[PDB]
Amino acid sequence: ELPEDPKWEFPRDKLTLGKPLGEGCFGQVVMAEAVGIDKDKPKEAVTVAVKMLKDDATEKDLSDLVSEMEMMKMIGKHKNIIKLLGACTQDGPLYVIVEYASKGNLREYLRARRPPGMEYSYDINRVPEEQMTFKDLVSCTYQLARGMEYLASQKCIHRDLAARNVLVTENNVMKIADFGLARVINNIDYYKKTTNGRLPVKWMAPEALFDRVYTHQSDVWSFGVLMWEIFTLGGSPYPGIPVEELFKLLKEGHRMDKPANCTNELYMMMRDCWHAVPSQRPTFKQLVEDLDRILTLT
Ligand SMILES: */C=C\C(=O)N1CC[C@H](n2nc(C#Cc3cc(OC)cc(OC)c3)c3c(N)ncnc32)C1
């Protein structure tokens with residue numbers, strides 16, 4: 001039983017579901033048309049995305065979808081956070097309606113803009129995409145730092161920051177998404193003492209892996225990995241290294257090598273994000289400032 005939230009509730013008869021968008025990165029999401037959901041244009045039918053439960057959904061899936069919806073209300077509005085548009089919570093299946101990002105997730109967006117002959121390169125709609133420039137990659141990074149700076153200031157830890165969980169709109173705006181694992185924290189480290197092990201290992205800070213704690217500085221570690229993904233145009237981190245072996249390698253101080261499309265400056269930013277001591281990593285505020293400088297110079 002979900003209590004009504006009138007300000008977010010959207011009528012079912014004004015929503016028309018369409019093609020599936022994929023199930024691998026954000027659960028079951030479908031393209032849809034929502035009549036009058038944009039109150040600036042109240043007559044118009046807007047293309048939206050709708051998250052819903054699969055027929056094989058578990059109790060945890062249901063609880064996770066509700067919690068995700070509530071987190072989106074909590075965090076509030078920002079240019080680089082995927083926007084909640086409404087929900088159908090009464091008298092039928094739970095639908096959460098979010099803004100449509102026509103260019104997919106960041107990993108697919110970057111891989112589609114790789115040069116031909118490179119692994120994972122493909123032409124969307126059998127038509128070649130425009131190449132990424134250096135400026136575009138820095139801009140991408142800047143936007144995501146801004147989004148995470150906002151998220152952290154709302155006292156939220158994401159815990160699953162990765163290119164697969166970033167959405168890209170028609171106007172190439174980066175939107176942080178997938179709040180399945182996100183939590184509101186206080187001022188002290190998030191600690192459970194009970195380990196569920198649902199965090200993607202290759203993006204996790206050592207203190208998350210080993211000490212079972214999470215802070216904003218843990219998200220900074222992940223942001224470093226995201227940076228590496230961006231500058232490798234959607235590369236898979238720790239190339240050729242099994243997830244299983246990374247526990248040992250992190251204890252021995254292993255770090256990824258510099259991407260070729262990366263400047264020495266930006267690689268040092270990555271490496272700073274991967275300081276073993278969390279308090280020695282930059283804050284999102286510092287990352288934004290540094291990236292602002294780099295961007296306005298390029
Ligand atoms: C692994 C690739 C994959 O499955 N997809 C890539 C692009 C497809 N896609 N997913 C979304 C979304 C979403 C969403 C829904 C939420 O409901 C509570 C919450 C979110 O984060 C807080 C994100 C998507 C959108 N929105 N537009 C276009 N394609 C989309 C799936």
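Count residues from 1 along the sequence. Indexing begins at 1, ligand by ligand and atom by atom, following the structure's order.
Modeled at ligand 1 is a drug that PDB records call TAS-120 (bound form). The chain that TAS-120 (bound form) touches most here appears in UniProt under the name Fibroblast growth factor receptor 2. The residues of other chains having a heavy atom under 4.0 Å from TAS-120 (bound form) are listed as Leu21, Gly22, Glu23, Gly24, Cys25, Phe26, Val29, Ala49, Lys51, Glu68, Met72, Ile82, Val96, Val98, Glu99, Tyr100, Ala101, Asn105, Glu108, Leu167, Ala177, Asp178, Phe179. Against a heavy-atom cut-off of under 4.0 Å, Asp178 is close to the following atoms of TAS-120 (bound form): 20 (C), 21 (O), 22 (C). There is a covalent bond between TAS-120 (bound form) and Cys25 SG.
If you number the atoms of TAS-120 (bound form) from 1 as listed, the ones under 4.0 Å from a heavy atom of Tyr100 come out as 27 (N), 28 (C). Protein heavy atom nearest atom 18 (C) of TAS-120 (bound form), with residue, atom name and distance: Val96 CG1, 3.4 Å. Residue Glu68 approaches TAS-120 (bound form) through these ligand atoms, each under 4.0 Å from one of its heavy atoms: 18 (C), 19 (C), 20 (C), 21 (O), 22 (C).
The PDB entry lists the organism for chain A as Homo sapiens. Near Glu23, with a cut-off below 4.0 Å to any heavy atom, the atoms of TAS-120 (bound form) are 4 (O). Considering only non-hydrogen protein atoms, atom 15 (C) of TAS-120 (bound form) sits nearest to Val98 CG2, 3.8 Å. Most of the residues of chain A within contact distance of TAS-120 (bound form) belong to the UniProt domain Protein kinase. Nearest protein heavy-atom neighbour of atom 28 (C) of TAS-120 (bound form): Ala101 O, 3.0 Å.
Proximity to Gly22 (heavy-atom distance under 4.0 Å) selects the following atoms of TAS-120 (bound form): 4 (O). Using a 4.0 Å cut-off to heavy atoms of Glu99, the atoms of TAS-120 (bound form) that qualify are 26 (N).
Within TAS-120 (bound form), counting atoms from 1 as listed, the ones closer than 4.0 Å to a heavy atom of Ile82 are 21 (O), 22 (C). Looking from atom 11 (C) of TAS-120 (bound form) to the surrounding protein, the closest heavy atom is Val29 CG1, 3.7 Å.
Counting only non-hydrogen atoms and rounding to 1 Å, the UniProt active-site residue of chain A nearest TAS-120 (bound form) is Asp160, 10 Å. Among all protein heavy atoms, the one lying closest to atom 25 (C) of TAS-120 (bound form) is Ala49 CB, 3.7 Å.
Interface atoms of TAS-120 (bound form) facing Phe179, defined by a heavy-atom separation under 4.0 Å, are 22 (C).
Scanning the protein for heavy atoms near atom 30 (C) of TAS-120 (bound form), the closest one is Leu167 CD2, 3.9 Å. For atom 2 (C) of TAS-120 (bound form), the nearest non-hydrogen atom of the protein is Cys25 SG, 2.9 Å. When the UniProt ATP-binding residues of chain A are filtered for a heavy atom under 4.0 Å from TAS-120 (bound form), what remains is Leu21, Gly22, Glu23, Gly24, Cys25, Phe26, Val29, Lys51, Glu99, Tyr100, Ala101, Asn105.
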